[PDB]
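Opening notes on bortezomib (bound form) bound to Proteasome subunit beta type-5.
Protein chains get the first letters and strands the later ones, always in sequence-line order, with residue 1 at the start of each. Readers should note that the entry appears only in part, and the reported contacts come from within that part. Indexing begins at 1, ligand by ligand and atom by atom, following the structure's order.
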Amino acid sequence: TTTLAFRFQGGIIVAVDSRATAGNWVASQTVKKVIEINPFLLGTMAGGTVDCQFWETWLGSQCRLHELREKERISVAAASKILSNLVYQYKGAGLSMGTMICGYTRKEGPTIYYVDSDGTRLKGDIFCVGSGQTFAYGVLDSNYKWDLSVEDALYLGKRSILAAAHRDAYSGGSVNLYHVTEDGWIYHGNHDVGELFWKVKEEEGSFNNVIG
Amino acid sequence: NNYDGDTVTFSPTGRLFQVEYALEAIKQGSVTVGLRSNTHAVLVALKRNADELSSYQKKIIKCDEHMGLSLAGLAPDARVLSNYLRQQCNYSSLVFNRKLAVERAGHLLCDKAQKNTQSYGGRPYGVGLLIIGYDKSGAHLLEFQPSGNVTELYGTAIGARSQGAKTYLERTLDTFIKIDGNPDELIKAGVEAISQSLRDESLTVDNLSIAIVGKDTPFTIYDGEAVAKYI
Amino acid sequence: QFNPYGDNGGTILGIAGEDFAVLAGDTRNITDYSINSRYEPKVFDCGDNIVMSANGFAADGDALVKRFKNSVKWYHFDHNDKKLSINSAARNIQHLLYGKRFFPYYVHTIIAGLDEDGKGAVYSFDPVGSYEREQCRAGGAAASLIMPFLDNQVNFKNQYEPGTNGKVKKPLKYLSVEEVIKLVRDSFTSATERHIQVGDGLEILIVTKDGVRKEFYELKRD
Amino acid sequence: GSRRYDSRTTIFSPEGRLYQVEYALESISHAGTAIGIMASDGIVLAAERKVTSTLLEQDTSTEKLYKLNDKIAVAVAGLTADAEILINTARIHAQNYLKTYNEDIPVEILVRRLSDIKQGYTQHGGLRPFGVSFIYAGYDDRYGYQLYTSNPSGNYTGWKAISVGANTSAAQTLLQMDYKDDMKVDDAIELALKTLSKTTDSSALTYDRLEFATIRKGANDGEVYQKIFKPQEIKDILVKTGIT
Amino acid sequence: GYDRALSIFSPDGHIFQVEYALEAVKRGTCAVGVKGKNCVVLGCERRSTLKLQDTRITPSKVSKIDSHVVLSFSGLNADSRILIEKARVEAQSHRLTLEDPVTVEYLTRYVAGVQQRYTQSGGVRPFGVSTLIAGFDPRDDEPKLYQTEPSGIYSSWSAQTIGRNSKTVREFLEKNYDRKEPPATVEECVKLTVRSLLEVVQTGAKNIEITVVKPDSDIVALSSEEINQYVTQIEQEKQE
Amino acid sequence: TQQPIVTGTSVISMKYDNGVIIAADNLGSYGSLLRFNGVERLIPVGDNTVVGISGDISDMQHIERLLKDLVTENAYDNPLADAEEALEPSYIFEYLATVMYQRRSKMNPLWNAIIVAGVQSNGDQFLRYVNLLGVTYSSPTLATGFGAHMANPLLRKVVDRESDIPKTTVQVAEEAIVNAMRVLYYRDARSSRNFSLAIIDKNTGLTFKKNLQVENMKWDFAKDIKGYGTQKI
Amino acid sequence: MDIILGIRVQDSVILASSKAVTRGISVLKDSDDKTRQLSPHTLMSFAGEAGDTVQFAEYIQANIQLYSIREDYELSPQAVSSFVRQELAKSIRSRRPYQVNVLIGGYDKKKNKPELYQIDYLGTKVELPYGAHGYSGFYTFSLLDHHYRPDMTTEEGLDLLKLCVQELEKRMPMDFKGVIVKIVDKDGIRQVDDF
Amino acid sequence: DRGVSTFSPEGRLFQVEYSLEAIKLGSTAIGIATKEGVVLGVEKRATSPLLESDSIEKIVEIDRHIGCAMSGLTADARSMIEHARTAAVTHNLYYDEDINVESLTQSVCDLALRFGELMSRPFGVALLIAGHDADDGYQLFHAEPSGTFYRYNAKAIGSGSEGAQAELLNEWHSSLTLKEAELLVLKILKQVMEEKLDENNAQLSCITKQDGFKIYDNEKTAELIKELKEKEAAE
Amino acid sequence: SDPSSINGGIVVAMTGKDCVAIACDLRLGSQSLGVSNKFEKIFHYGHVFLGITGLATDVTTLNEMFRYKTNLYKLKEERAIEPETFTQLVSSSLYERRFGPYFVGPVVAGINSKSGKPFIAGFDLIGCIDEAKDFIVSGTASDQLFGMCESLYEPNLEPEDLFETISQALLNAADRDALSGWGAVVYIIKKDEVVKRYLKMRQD
Ligand SMILES: *[B]([O])([O])[C]([C][C]([C])[C])[N]C(=O)[C]([C]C1=[C][C]=[C][C]=[C]1)[N]C(=O)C1=[C]N=[C][C]=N1
Ligand SMILES: [Mg+2]
């Protein structure tokens, strides 16, 4: 799995891969590793399949109940802490989660929280999570700036997942892009790695090691 | 008088007034009729509305594919008791792969209602029920009273003005019992029976409620234009 | 020490068409190197035009199907005989599975039917409740033998158009019910040859707007 | 069933009063008078034992004045048995606080805790309230010397000088007349005894009918000493102040 | 456990235990709340039947629930401590889970919910307490003032009073408080609050307590001399 | 979690044209010790069902008591207890199957493998299996333990599929069962010569045969077998 | 987490705590503040198992803040430290213990003295002039033993702290991405933004 | 005294019948259902002019497709609303769909009779629950403390209910527009209210399939009041 | 891993003519790391002295617990608890945690205020009372202390002589234990005066 999210001038970019594996067997190449918690909040999926699905859908129910009760959008801080407090209750029982809770509010601005099944809850600008996280970090750290255009920021996220998809055996399939603004997230398509690799190689002049 | 404050108190003549007051709630309820042949069993119920803007309160509840009832009195108490029947019918199917006998379903309702008449704090159920069903011994019709008394019958009626429909069925006993393999004629007899309890008002398309269960017929409820055929 | 889990073998396959869906599964039941039954139905009609199969440990498989069938019954009671849609059934099954997250139903569940637009639908579950809508899914023992064949012959993966040499992909034309059944039969015939736990018989349930139909075919009994 | 016999101890009257609390206060008004007076250099606790006998063993007797810890003491007015239930709870609370924070419990925190227990018996549980009123005399390093009172309602208030039990109306008037802010312990001792001597229902005030206690910084250097007076010591202070 | 239904309906559709709890509030000392343009003031009556009191240590009538919200009350004193404690706990629990202090409306809604729960729970009587809750939401400069009562209903008020002779001071406020132009300064708001209490109090000595709450956790209680200056100025203008 | 102590070996069964046959030997083993020689492991329920049990005997006796109690309970307030509302094989099985799966789910199983043989109200043959894991399956022939490995192959030569059932008479079926019991005695080290057999027919009802013995055994060829290879004497 | 240090000088307490957070193979963050303000004149730093650390710290923070509001009074550092110890001593015999070590630096306004308390996850409390948790003490205590004198100024304390951090950066295998330093004195708590 | 779950000689529960009297003392709430939407309207009834009327919340959202209005002891409604919101959201979690309006109403009514010697007394508040679903379209229900609920084409509850219901009897037909229903609620509220109706002491709301449940602004309602005055003066 | 030797430390007690003595080291460690040289292991409740070795968190917890209990004792009994009675209270309190014990090695020392008789006692971690006439030892260097005490001790020593004996027993035992040392304290106890002496020892 490779999932990333980063803050910038235009809001938040979220990018994930699509692969699911049982040992060396590729179970699925079409997994939705981004969860649409609501029109304004996204959650990424890494680790064990069910846990992140189940509890982040549940998180959406808690957020909906909050804004029904309080007549106001839930903060990213409060939404992330509901999930982290929940998993902390299950600590030891064997949950397996690594996720980024991403949102954009008036009081906070674009915010990302890394939430973890050991109970960890970290605010930050850039996060990469999964078996291919190290590969994605390389591309991000060297190319990341605050003053990135929405177009360039989207490409960087797409390119960083591709880097991991190539090298990491347990990452691949396709790339799902999302862009998060204050008025909500915007889906930016499914991109098959099989077609994306040859396209990027040709246009970018990268991957000269690979023959095409 | 001094012995009607709670259900735990007998009167000097050996009466339970709280149970009798619960029985009174049934008499205030709208009329409903039950009757059966050897192949089918039918429930006919007169639904009651609050006013012209309101809907007509539903009277018939399905318990299983082969069993269901009609109510008269406190509707929420019918929901509690019908829910209990649904569970018991279901426990029989899941554990024993066995459809729950109608007679045994009556025994369970009797015992549930009884506990509410002997303990302090609680109250009796305020509803009467007419259970129909088709099991391994053919068609059946039961009458439940919240005193705990359950009775198997060919036909009966409960609610306001139910005596008129009950007399009609007592006359027609020999005729309608013989209506085998003809659902429409058995319903006709039920619609004609409930008509003996009407005053001022008549059976309209959103007033009438009919249910039937039989040999090769799952428990199905008919409302709206589906009962215009029988008006 | 007592081991509460076992493996009853078997293999299942779900394919979603344009206005139909099929859920197939072999009829062999086993433990270790013995055959328990040559005909033990594994795919079930659960009502509301939904078919289901829970493959793996048969005790957990039967328990789950039983509880879902029960869930359909109570959905009717509680919500005025409303038809349980395939997407709603899927979400419900997730909660049944996750309820036993720490003592799981050791099964690979697949359901099939039609969505609310009338198009074919298949959903796939892991033992602990993660699920996803799919066009194509094999589950169980010989899943690793069947899926690659379906990637190639249903989704035309790695296939291109002659003359263009890798430039133009083979277009994803829709498959008829007759065409899908052919691929299902060949998938199981092939799996039977190379997997010892697959054989005896093949039972297919086809779901259309008209209802649920069944088809049975013999498989090799060795 | 059982409802028939329930007194319903925790209900409002039409006027918005708690019946049982009011009746408990009526009980306390017949109990022996207890007085507390706070001075700049200490606190005095004086209390009258109820119609005693010559055959009562006084030197081993305790019905009025009780020690909660080394810094806090209480004077009781009401049912003695009820007071001992609460006193043991208060002693435990003080020790819990000491174990937790490694510091002696502040006087108010102890008072609030006991008063909250009394309150609970007036709002829930269906039990009768405690027929007890306390005078708390205590010291801590935040507020220094403090006097409080609590009653069966669970309401508590702070005081410079206060009385509970019998003849509080007459006693409070006499205290209000002669009390001054710059007063000292030795003067407060005299005021407390003089007040009891005038309000007492007995013919004369003697050593065998009194319990007496002082909380003084009259302990060698910056620390506080509790002194529960012995029968002979009460006899001496009665002669010194010129009452006998 | 004791399960007896103490709060129940009567033939005329009244719950007498809730209504008798309001009578306990009527008996309690007067409390008043007035919100200005950039502040809220809480005034409270101290009955002078009790002298020889130690005012340093005696429980004050206004209580801080958090650094930005305060609560005053009329009715049973012992009952009020239970509501204040629960409110203080909930305020810290909110900060812990939501990572943001409570809004004044939320805290009010919680306290009101507790009061309501005690009107249909077995074995308990209602709280003989009505509260005035005032303060400022986090990062907000709009003043807030809410009222609760034993039944559990709550609502927002431009100005409000509760307790004994509250009918009189509400009469005063209804003619003296203008919505189109509320007390623009702290001085004007305190003056109007002291004026309203002077309709009922008796002597303007140690019988009036005043607490001023401003935005951004700025809460202060006025002393005797500071209040006495307001008392002096009000009557000197009145002699005309 | 436990271990089985006193155990019973194979239970074997099959369907035929008008009903079902079931059989099991009368031994209660204590490890390798053939401790108890008079143990009945077929337990009839009414006149339409026979429950055959293998595995732990203490757990078998518990199940025996549950079934005895089931009959008592069914009779309560049931005028048709001996007629339309009598216990069916399918009812008895489903009850046991429920208990077996519940017990394995509490990690405290009834250490058994069970075969419920019987005939339904409409004359249909009933034959289904359940074990300590709650696993269930049906087949024209069913067998537990060693029977699964040795009896089924022989019984499947008579009834190989569903269409072979009407073609199989009661004489042919019983013959096959009795032969299988002999084979098991040759080859199962925890079996005995004495066994019980039960037939449930839709016409002739329940026939319960006790104190049967394995007969017509071939042993004479043993006299010619000498040494393990090279030895001649 | 990794390195947490504490030193008590003449008129203040100084706490230094690493910025790195590592999840196995990668360093997810390099600006993490491993501390919570319990009261205006009391600061607690912490290090231990993931999740448990923050959960425990915030739980303590909430409890002390609750006490402050109820009594309108700040607890002494000694009182706060005893409360924290008891919570950990309770925790160690629980179903799942808090795996958290803490340093509590506070300025007692009554005695006008700075105070440093070291408490481990077992509930082992000691008052010290300087302290540390984990492997931090193994490198730093020899320097502190030589240089600490109890009348140092705050500026002298920071210099001695720099010498400790330099030794850690030389001899520790792990890159802890520097430290966030905070000072606790009579005026309250402040952060040294350049270190 | 006597049991809380006691039956009267007429076969009615004393406490339920007494709670119905408390509802008659409550402020008026009206609901009208049409094929274009359902309208909900309430009388605020502030006890004093110093009370900020916009804090009076007698119309409440349960979900996007279900709204609710209340009358009687409104404090009792808070736990009912909380349960309704939880039931709606929980069903969406379990079934990935909107919950039927009837099913939501049934869930609320199940709380009603859970009282004895559970809560100590019945609820002293009636609810008008309005919503839309795909199966049965636009619906309006009346939920009582007896546990009974009726569906209505139009319904009024509170102190001016029988007068308002008689007016709704004459005015309602199956072809009403949403705009016509809005004015009709305003008209009848104005008829039964003590004080003169304006945008500050009365509140409107609606539920449509497209936009869901919406509480009306005071500016929006003010215009509809002005439109009402003119059309009544038109004849 | 072994709870009783994570922190380290020792306590020793002795009887003399009309007097008792109790002594302890001052070390607290985390295995090999020395953490504190001011961790005193001897506490007193009135005139009754209690030394405690073992796991330090439990040492602290038990001190707080016995302070708690002896304070309630005094309020109710209206007198200070005696050594014989306190010994029974320690035993009771330890045994109530039979299957989840405090990992400690307590030592009681004191003079009965009424009889004037010198008293010492030791316990295992779960309550068993060792009431010796001569001496009691506890901690990570208990073997060493047994050897020192068994040779150095003689009955009826005068207070100032007893000081020398117990001091030399502790010091030389501690110097043969890696987890003990870093300072030492000795309490000399007579019927109505108690002297406390800190000893100069090697700091490694
Ligand atoms: B990803 O690789 O972490 C991915 C994310 C998941 C939400 C789809 N996880 C998996 O595919 C895991 C394997 C795994 C690989 C690498 C790191 C961690 C986990 N798959 C499973 O856990 C699994 C379990 N049962 C069936 C199929 N897959
Ligand atoms: Mg094969």
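The ligands or chains attributed to bortezomib (bound form) are ligand 1. Lab note: other chains with heavy atoms under 4.0 Å from bortezomib (bound form, ligand 1) -> A. Within the deposited model, the covalent partner of bortezomib (bound form, ligand 1) is A/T1 OG1.
Using 4.0 Å as the cut-off, no other ligands or ions neighbour bortezomib (bound form, ligand 1). Counting only non-hydrogen atoms and rounding to 1 Å, the UniProt active-site residue of chain A nearest bortezomib (bound form, ligand 1) is A/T1, 1 Å. The residues of other chains having a heavy atom under 4.0 Å from bortezomib (bound form, ligand 1) are listed as A/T1, A/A20, A/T21, A/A22, A/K33, A/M45, A/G47, A/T49, A/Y170.
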